[PDB]
J.: 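Pasting in a structure now, in C-alpha cells, and then I'll have a few things to ask.
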Amino acid sequence: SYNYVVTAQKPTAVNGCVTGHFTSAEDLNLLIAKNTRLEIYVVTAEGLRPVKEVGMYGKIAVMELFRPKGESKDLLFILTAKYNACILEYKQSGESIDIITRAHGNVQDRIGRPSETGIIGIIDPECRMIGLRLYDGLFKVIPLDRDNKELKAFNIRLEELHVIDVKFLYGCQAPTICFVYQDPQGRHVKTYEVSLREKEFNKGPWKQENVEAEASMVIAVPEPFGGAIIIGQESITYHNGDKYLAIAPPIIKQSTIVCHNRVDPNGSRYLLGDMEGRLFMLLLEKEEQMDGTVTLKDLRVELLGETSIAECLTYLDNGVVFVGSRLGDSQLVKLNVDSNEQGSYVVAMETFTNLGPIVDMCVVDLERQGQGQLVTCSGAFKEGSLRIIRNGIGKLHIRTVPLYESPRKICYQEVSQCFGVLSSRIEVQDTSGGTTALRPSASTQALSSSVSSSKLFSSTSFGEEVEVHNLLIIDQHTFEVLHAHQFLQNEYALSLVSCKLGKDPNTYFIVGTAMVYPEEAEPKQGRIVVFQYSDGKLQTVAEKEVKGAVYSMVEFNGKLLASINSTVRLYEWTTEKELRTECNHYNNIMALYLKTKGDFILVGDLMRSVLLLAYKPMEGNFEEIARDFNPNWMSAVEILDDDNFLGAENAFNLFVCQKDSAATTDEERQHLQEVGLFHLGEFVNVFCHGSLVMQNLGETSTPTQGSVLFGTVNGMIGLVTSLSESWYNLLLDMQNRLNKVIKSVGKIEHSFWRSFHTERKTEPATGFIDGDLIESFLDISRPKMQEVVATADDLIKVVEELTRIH
Amino acid sequence: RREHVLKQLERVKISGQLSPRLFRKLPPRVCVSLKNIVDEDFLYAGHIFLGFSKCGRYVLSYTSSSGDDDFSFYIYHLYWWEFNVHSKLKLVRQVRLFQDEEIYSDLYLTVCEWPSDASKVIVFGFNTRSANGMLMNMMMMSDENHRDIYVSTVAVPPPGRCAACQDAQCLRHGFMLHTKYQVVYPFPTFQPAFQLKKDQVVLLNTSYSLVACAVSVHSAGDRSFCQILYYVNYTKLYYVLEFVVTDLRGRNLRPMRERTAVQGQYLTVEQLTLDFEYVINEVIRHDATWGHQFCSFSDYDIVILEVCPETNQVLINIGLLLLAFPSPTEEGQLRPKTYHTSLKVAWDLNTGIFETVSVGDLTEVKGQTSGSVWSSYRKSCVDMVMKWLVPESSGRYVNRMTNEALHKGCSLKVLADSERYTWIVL
Amino acid sequence: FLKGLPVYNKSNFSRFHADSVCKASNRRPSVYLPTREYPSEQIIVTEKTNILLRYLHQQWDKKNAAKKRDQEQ
Amino acid sequence: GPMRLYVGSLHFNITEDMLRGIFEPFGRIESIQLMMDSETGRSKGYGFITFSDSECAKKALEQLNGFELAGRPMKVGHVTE
Ligand SMILES: NS(=O)(=O)c1ccc(S(=O)(=O)Nc2cccc3c(Cl)c[nH]c23)cc1
C-alpha cells in the first residue's frame, strides 16, 4: 500500500506564546507555536499585523526569545519534540524576508527516559547558557559563546530524579537553577549554581524548603525582587533566602492554576490562568530600602474575570492580553480598570477559531447532496462545541455551535433529520446533597428533557467534581437541542451508533455506557441502551446489562457489534425487540476501536496493536484472521480496503499493515506486515470515510483512490488517499528532489522528521507521501522549479490535480 | 488516591498524551492463570517458566532433567511459547542448552535479552562450586576453590517469512554458541545489566581477564563488519552452515568453520581479552603515586562500573590486595604491610587500549579477613553505581529472566508483560 | 489600583477592530518557503564522555595537582 | 545448611546478584531468597541468605549488620524458618 497524506486544515490549538523584539529592535512581536507552525506578528495600531508563518520540520517543544551581548535584536531558540535544537535570526533586506540558522544540532541522548512533565528549556538571564530538562536525572547545559565554531553541550547529573518545574533565577553571580522536585517525603524546592568551568552543580544559594504536595509551577521574579514564586493547588509562596511569604486564598482552591504571565518588567504583577477559564492577578507589594535595594512586603491575588481555558497568557500592550487556548478558541482581551454589571474587569476584543481537540466527527451532505460537510465534537468543558466544516465556493467555512460542556460522540440520523450527540457536564455537590451545575449548558437548556428511569442497578462527596452524561438530540438546520436524555447517576455514556437492526424497519439511537462509582476505579458494569426519536419525543426501547464498559459500537450486517472491556461481542435484534448475544472474541487487552468492511472487523487495541476478525455467517462465530505483532499503543484505526488497514499510534505516527500475499503456511497468513510508516506529528482521535469535495458532476480520472479524513487533538484535519505504485514512485522521486531545493529552518532533514519514531525504534518513512511538501511546488519561483530531470517542464499538470481534493 | 480508568481515557482524547509511563499506577488489564493456558496438564514435565520476551510475543521456560542413573548428569532445555491472551500456549522452539557438557550439580540459570538486539538471547549458568576429582559414598563432593560458568547464545525464532531455502523444519538463524570457564575466589560478581549493555556483546569476568564476546550474522553484502577492535589479544573467526573456547552448532550439531572468501550467510565470533595482571602492573608502574613502595599483589577483584555502548568504553574497578613498604617516615623498621586499594580503568573496545581514570590510596588491612575486604570493596561499588544512577528508556533495558523454584529460593508468583499490562499468574 | 499597566507604545491597539461575533479562522501570515541557503556559524554537539567517567578523571587530576605542590609549602 | 540469615532494610534497587557479591566472600552460600513484590516486580527490601557453614554466616553477620549499603544501614540477624 501507498498513501498520500495531505493537510485540509492546519493545527489551530495554541501550544505556546512568546513576546520580544525578533523582527526588529523597535518591533514588539508576538510569536505563536501551533504545534509545528510558528506564527510571527508585529503589535501595531490595528492590532496584530501578520509577518510570516514558519513551518518547522518538528513539533515546537521549546520556544524562547533571548538577547546575548552586542546583539542588534533578540534571537529565537527552538527545540523540537525529536530533540532538534536551533538558534534563529530574523533578516529582512527590504522586501526579502529570511530566517538564519545561527546554530543547529540534535541534543538527544541514547541513555535517559523522557520526563513525566515533558521537555523544559530555560535560558539564563545573563545569556551565559541554555538549560534543558529532557530526561530524568540529567540537566543539559548548552554554553552560549560565539567565539567557538561548536556549541559543546554537556550533561550534569541531577540527584532529584523527579523534577516538576525549573527556572533560572535573576540577580545571580553564577547561573542558578531553582526547581520543584518530588520524592517519597513529598514535594520540595531546591537551588543549584551551574559551573560551566567545572561542568557540575555547586551548593544552592538558599537551602531546601518543604513545599505543597501539588506545587506545580516555578516563577523567576526579575532582578529588583529576585527569588522565586511557587504555585500549588491551595497556596502561592515567595522564596528568596531567609525571606518567605505564603498565602492560602480559598478562591484558588476551586481550580488548578495552569499558566502564568509576567505583566510588569520589574515583576510586580502576574496574570494567572485557571483550568476553569478564570483570570487572576498576582500582586507583589514592593518595599524600597535605604540601601537602594527592594524587598517583598506582601502577596495578594485578585479575580479579574473569565477567559477561554488558557494554555498560555501573554500581555501585549495597553491592557491588551493574548489568551492562547488549546481546549477552546484563542482570544484578544482587554483589562479595564472599571468592572461591568457582572463584576468583570476583562472584555473580549477578538475570538480566534480552534477546532481542537477533535474527539469525534462525521461526514454528512447537510445543505445540498453530493457536497460533503464535517460535523465535529470540539473542545472540552465550558469550551465544548460542535463545528460544521465545509469546502465553500465563495476556502474552508466553519460554523460554531457552543455547548458549554464536553461533546464526546456524534452520529447522524437522516430519517429523524438530526444529530445524536453524547455530552458530559461537570456538577459539584453542595450542602443540599444534590449536585448543582456550574453554568447553563446544552443539556440544561434543551426544549424537552428526560431522565433515565432504569432500575437495573437496584443496590457521593462534598466539593467533588462529578460528570453528568446526556444524549443530546440536535436539529440539523438550527442546531438547537431538541431533546436531552440524562443517563443514570454515575453512568458514563461512551459509545454511540444510529442504525436499523435485524428485520426492524425503525432506525434507533444505541448508547453503550459504563458505571463509574467513586468507590471503585475499574469498570465492572454497563448497559447498551436502545432509544428511538419519533415526532419530537425520545423513547427507551430496550436495555442490555453488560459486565463492563461499552467502548465501541458499530452496526454489522443488521447486527450490533460492541466492545465490552477486552471482549468483542456480536448481538442480534430479536422480534421481541431485545439484544441476544451471538458470538464473542476474548483475546484483547483494551478493545477501544472497531471498524467494519463486509464480514471483516478491524480491532484496535489501546496497548496490543491491531487485530483482524472475520465473522463466519455459516458457523455464526468470529475467526482471528491476522494480527499486527508489532507493539503499538493505538489512538484510532481505519479500514482502507479489504487487505490494508490504517493505524494511528501514541507517538504521533501513522502505519499501514496488510495481509501477507507471499504467505504459504497458516501461521504466515496470521501475520499483518507493516508496509506503511510515517511520522504525522499529530494525535489522531478519529478517522472518517469522506470528502469535502463534490461527488463528480464534471470530474476527471483522479491519480488517487479512496478518501479518509482525520481529526486530531490540535484541530488539524487531514486526508489519506491511496496511490498507485506508478504515482507513488513518481511522487517519491519528486519528494526527494523537492528536498534538495526547498530549504529547512533549523537545518532539520525532512526524511528525519517524517521517520517512524518511538522510544523503542526509529525507521525511515515508507509507503507514504507528504502531500504538503509536494503541494509547496506551486508556491516556489519558476527558475527554482528545476527539480525535473526527464522533459515536461510544466509539472503543474500534476500537483494542481492533487490540490483538487481536501 | 487512584483515579478511574475512564477519567484517564477521557484525558487522553483531549490532551494527546498517551503512554505506559502515564498509566504505570494502573492495575493489570488482564490476568491469566498458567493452568488455563498450559496444555497436557496434571504433571506436564519439569517446565520452569521464566517470563515474557521484551516484545511480549514469547513466554520462555526451561527444564532440568537430573536422570536417576545413580551418577546423575543434568540436561537443560530452553523453550519458546507463543502467547495469545486467553488461548492456550503453542510451542514454537525446543532447544538443548550446553550440548556434550557434564553437568554434575544443578545450575542457577538466567536467560537474558539484549537492549535492542532481539535476534538472539544469552543463557548464563553457574554451580555453587566445581565438581572435584574424587567421590565420597553419597555424592561426587565439591571443590571449594572453583566454580563453573556456562554461557550459551541461542538464536530467537524468526518473526515469520524468508529463507525458504530448506532443501530437505530447519532454517538459517538456528545457530547456537556455547562456552565454559572456571573461576577462583573472590568469585566474580554477576552483573547482567552491564555485561550486556552493548548489543551482540557479552563481557565475561574469568577471574584473570575480561573477555568481550561479539556474535553477529551477515549476508553476502560487504556493507558491514568488525564491532570489536574497530597490544592485547583479539581473535576473529568465521562459520557457515553445512581466549575462551567456544564450540558452535546449529539447532542440534556443529557448523563448517570457514575463512573470509565464503559467498553466502556467515557468522562471526570475536573475542577481545584484557589481562588483569598486565593492567594492574601497568597502572602501578606509570600512574600510582605509591608505585615505589609496591612489592607484589596477593589478590584482585574486578567489578564493572559502567558500559558506554556509543563510545565503546568499559569502566571497571579493580580491588587490589597487595604488599607494600610503608611511607618513608622512620618510626622503627619499615617491614612491608598488606594493604587494600582500588584502581579505576577505562577500556576502549574500538582500539583495545585501556586508560587510568583513578588510583586509590593504600589502606592498611590490619588483620582483616580477606572476605571482609572484598565484601567492603563490593559495597563501595554498589554505592558508586547507585549514586550515579540515571533512569533509562524502556526498550533499552536488559531483560533478565530467573525462576529459582528448584534452588530453595522458591518459585515465582507472576510473569509480567508490563508494556501490555498482562500477568501470567503461576 | 491594580491597573497602571505597561505601555510600550500608546499607539498599539488604538485603531484595532474586525467587529464580528466570536469568529476568525484567518491564517493571514504568508507561509515562509525558503530557497536560499545561508551557512551556520555553529553546530550544536553533545559531549561523548560519560558523566561518571568525566567526574573520576577530573577528580584524580585535582588530587594529582594537589600532590605536585612539592618543594616547600 | 547450618545457618539461615535474615537480610533486611535494603534499598529497593539492590539485586539478588549484589547480595551474593557482598555475602559470598565470607563463605559458601546454599541459597539466596530476595523477596519480590508481585504487584510491582521490584524488591521488598528484605530476604534470606543461607550459608553452608555457620561460622561463615556469623562472621558475615558481624561485618555486615548495622553498616550502610546504598546509604541505608543493613540489618542482619539469625532466623529459624
Ligand atoms: N538498578 S541499578 O542500580 O541501575 C543496576 C542494577 C543491576 C546492575 S548489574 O546487573 O550490572 N549488577 C551489578 C552492578 C554493580 C555491582 C554489582 C554486584 Cl557487587 C553484583 N551485581 C552488580 C547494574 C545497575
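Below, read A as the first sequence line, B as the second, and so on, with proteins coming before strands; counting in each chain starts at 1. One-based numbering, in listed order, for ligands and for the atoms of each. Values reported hereafter were calculated over all heavy atoms of this structure, with side chains retained and with hydrogens, waters and symmetry mates removed. Header says: X-ray crystallography, 2.3 Å.
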J.: What drug do the PDB records list at ligand 1?
T.: indisulam
J.: Main binding partner of indisulam in this structure, as named by UniProt?
T.: DDB1- and CUL4-associated factor 15
J.: Which chain letters belong to other chains having any non-hydrogen atom below 4.0 Å from indisulam?
T.: B, D
J.: Report the binding site of indisulam using a heavy-atom cut-off of 4.0 Å.
T.: B/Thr189, B/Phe190, B/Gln191, B/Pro192, B/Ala193, B/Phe194, B/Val382, B/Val385, B/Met386, B/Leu389, D/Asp17, D/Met18
J.: Looking at atom 22 (C) of indisulam, what's its closest protein heavy atom, distance included?
T.: B/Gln191 CG, 3.5 Å
J.: What is the covalent attachment point of indisulam, given as residue and atom, or none?
T.: none
J.: Checking a contact table here: which protein heavy atom is nearest atom 21 (N) of indisulam, and how many Å away?
T.: B/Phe190 O, 3.1 Å
J.: Name the UniProt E7820-binding residues of chain B with any heavy atom within 4.0 Å of indisulam.
T.: B/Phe190, B/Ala193, B/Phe194
J.: In indisulam, which numbered atoms sit nearer than 4.0 Å to a non-hydrogen atom of D/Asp17?
T.: 20 (C)
J.: Relative to the heavy atoms of B/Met386, which atoms of indisulam are at a distance of less than 4.0 Å?
T.: 3 (O)
J.: Got the closest protein heavy atom to atom 10 (O) of indisulam, with its distance?
T.: B/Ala193 N, 3.0 Å
J.: Among all protein heavy atoms, pick out the one at the shortest distance from atom 19 (Cl) of indisulam; state its residue, atom name and that distance to 0.1 Å.
T.: B/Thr189 CG2, 3.6 Å
J.: What protein heavy atom sits nearest atom 24 (C) of indisulam, and how far off is it?
T.: B/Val385 CG1, 3.9 Å
J.: Under 4.0 Å from a heavy atom of B/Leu389: which atoms of indisulam are those, numbered in the order shown and with their elements?
T.: 2 (S), 3 (O), 4 (O)
J.: Distance to 0.1 Å, residue and atom name: give those for the protein heavy atom nearest to atom 6 (C) of indisulam.
T.: D/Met18 CE, 3.7 Å
J.: Which organism does the PDB entry associate with chain B as its source?
T.: Homo sapiens
J.: Using the PDB entry, name chain D.
T.: RNA-binding motif protein 39
